[PDB]
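What follows is a model of Deoxycytidine kinase carrying bound clofarabine.
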2 protein chains.
Amino acid sequence: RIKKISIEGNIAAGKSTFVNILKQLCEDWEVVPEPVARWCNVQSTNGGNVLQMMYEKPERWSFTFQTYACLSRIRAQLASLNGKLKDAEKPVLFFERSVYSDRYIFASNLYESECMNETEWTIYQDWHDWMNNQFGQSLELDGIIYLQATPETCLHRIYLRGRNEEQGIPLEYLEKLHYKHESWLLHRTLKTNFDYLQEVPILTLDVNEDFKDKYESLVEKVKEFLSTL
Amino acid sequence: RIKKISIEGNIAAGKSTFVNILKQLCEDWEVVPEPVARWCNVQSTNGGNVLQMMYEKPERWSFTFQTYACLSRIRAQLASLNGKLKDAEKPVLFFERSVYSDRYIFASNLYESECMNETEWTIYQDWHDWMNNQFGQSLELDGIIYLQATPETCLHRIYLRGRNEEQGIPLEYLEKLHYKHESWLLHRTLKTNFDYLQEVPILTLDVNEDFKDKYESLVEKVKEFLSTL
Ligand SMILES: Nc1ncnc2c1ncn2[C@@H]1O[C@H](COP(=O)(O)OP(=O)(O)O)[C@@H](O)[C@H]1O
Ligand SMILES: Nc1ncnc2c1ncn2[C@@H]1O[C@H](COP(=O)(O)OP(=O)(O)O)[C@@H](O)[C@H]1O
Ligand SMILES: Nc1nc(Cl)nc2c1ncn2[C@@H]1O[C@H](CO)[C@@H](O)[C@@H]1F
Ligand SMILES: Nc1nc(Cl)nc2c1ncn2[C@@H]1O[C@H](CO)[C@@H](O)[C@@H]1F
Ligand SMILES: [Mg+2]
Ligand SMILES: [Mg+2]
């Protein structure tokens, strides 16, 4: 009953920045941010920083991170499907990344990088499938917004943001993630267990340019794209 | 609507053996075996053997094993709550170990053995809680059957069974698990997030003696205990 749109994009491409100009465009919109800070100080519903543990020894912590990161995002997105939004008129729910990015972009890539052995990779997909199998049907996307920026623009915006764990991120890693986004959201040549995705609508925004300027345009293309849903 | 009883006990104490004499005692009984073989050849719903990986390098694979082992047992127990049992008269569902053993016995112990750091331990409990939070209410136990045997009897029965991964298991490990079972099912001095357990009925069977003989007794005490539920 609520339109759910996922915001996809490379590390530091500008998702959180795009998310902050969303609510002010319509009282009917909701945003579920990526629980990034919660991965940095692992506490039960100051402690460990699994995001950094993974970035510092991926073949040791990729599975754990992928396991916790995804469950985490699902809970956040599910919680928001029980808020004031239910009482809204034209409720549109935004997701900062999706269970798909987690699996077909990051997890997929860490595994192709030998950072997860067959065993870890098999267990992860089995979990991931079963997750959707359960609390999945209520999270399907009506549309996707691909925030597109060159991995070179990404590597620089990372530097601007200043998050410590990400400061050691190499261009090469950003490139691999880039092509996977391109393969999934641009060329649309990515295979997944969730058939509906293949048909799901996609809005591609070139955010390589200054947000200061391209802002007015984007708002237009967003309202636009949203009406066609 | 179905009485669900959990069978608890140390490694090789005699659970599977006890499980095999159960169905023949009443057509109304069902048994959900511990997915042990499925942990030995990790395949999606010949591959990896996470059970052995964990026994050979616990500080590397305890979390993974605990994560997969528990989800696995829940699915198995949940599936059986949708079988021919629903059509039964006096349906009694048996569980070979429970999500509690997984957490308050094995996981708890691996963590006290520095085999899981705070981060892993925090993530595991957060997952474990949230799991029950979901598909939990329908798995509550009406009663527990503690199959009690000395860790020394256990170490020998392990040798009899012949499972390879377990052949390297030291008495010391069996002792630690022993006292945790004693603490939970005997002295009943174990603290858990699931309050009902504290009141749940318990049947303690001393299975240190030959199964060939103590069999007739056990059957009596089982039917007995079951009637009082
Ligand atoms: N379109 C843009 N133009 C200029 N700077 C941008 C743009 N988008 C993001 N930034 C900068 O990048 C940083 C934020 O990146 P961020 O939004 O956190 O990436 P993500 O949303 O994927 O985490 C900010 O410090 C901001 O100054
Ligand atoms: N009460 C018993 N008396 C004699 N032998 C037993 C008894 N219980 C189990 N065994 C032996 O131990 C082995 C099975 O242990 P098992 O049932 O697999 O432990 P668990 O059920 O915890 O996995 C068998 O090979 C069987 O011969
Ligand atoms: N699924 C994810 N896997 C990995 Cl290895 N990293 C992820 C995942 N989802 C988000 N992130 C990380 O979250 C941080 C903020 O987006 C970035 O370091 C990176 F994008
Ligand atoms: N939760 C469990 N954790 C660990 Cl480390 N091992 C477990 C767990 N549950 C069952 N097992 C194992 O399953 C095998 C058969 O019961 C034994 O090696 C041992 F009991
Ligand atoms: Mg972000
Ligand atoms: Mg067994």
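Throughout, a chain's letter reflects where its sequence line sits, starting with A, and its residues are numbered from 1. For ligands, and for the atoms within them, numbers begin at 1 and follow the listed sequence.
Every copy of clofarabine included, the relevant parts of the model are ligands 3 and 4. Other chains within a heavy-atom distance below 4.0 Å of clofarabine (ligand 4) are, by letter, B. Contact atoms of clofarabine (ligand 4) toward B/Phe106: 1 (N), 2 (C), 3 (N), 4 (C), 6 (N), 7 (C), 8 (C), 20 (F) (distance under 4.0 Å to a heavy atom of the residue).
Clofarabine (ligand 4) has no atom lying under 4.0 Å from any heavy atom of B/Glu165. Of all protein heavy atoms, the one lying nearest to atom 14 (C) of clofarabine (ligand 4) is B/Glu166 OE2, 3.7 Å. For clofarabine (ligand 4), the polar-atom distance check finds an N/O of B/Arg97 within less than 3.5 Å of one of the ligand's N/O atoms. Checked against a 3.5 angstrom limit, the closest N/O atoms of B/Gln66 and clofarabine (ligand 4) fall inside it. Within the 4.0 Å heavy-atom shell around clofarabine (ligand 4) one does not find B/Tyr104. Applying the 4.0 Å criterion to heavy atoms of B/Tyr173 picks out, from clofarabine (ligand 4), the atoms 5 (Cl).
For atom 13 (O) of clofarabine (ligand 4), the nearest protein heavy atom (residue, atom name, distance) is B/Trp39 CZ3, 3.5 Å. With ligand atoms numbered from 1 in the order given, clofarabine (ligand 4) contributes 5 (Cl) to contacts under 4.0 Å with heavy atoms of B/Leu110.
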Dump all N/O pairs between clofarabine (ligand 4) and the protein below 3.5 Å as a table: atom names plus distance, one pair per row.
residue: clofarabine (ligand 4); atom: 1 (N); partner: B/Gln66; partner atom: OE1; Å: 3.2
residue: clofarabine (ligand 4); atom: 1 (N); partner: B/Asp102; partner atom: OD1; Å: 2.9
residue: clofarabine (ligand 4); atom: 3 (N); partner: B/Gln66; partner atom: NE2; Å: 2.8
residue: clofarabine (ligand 4); atom: 16 (O); partner: B/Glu34; partner atom: OE1; Å: 2.6
residue: clofarabine (ligand 4); atom: 16 (O); partner: B/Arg97; partner atom: NH1; Å: 3.2
residue: clofarabine (ligand 4); atom: 18 (O); partner: B/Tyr55; partner atom: OH; Å: 2.7
residue: clofarabine (ligand 4); atom: 18 (O); partner: B/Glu166; partner atom: OE2; Å: 3.2

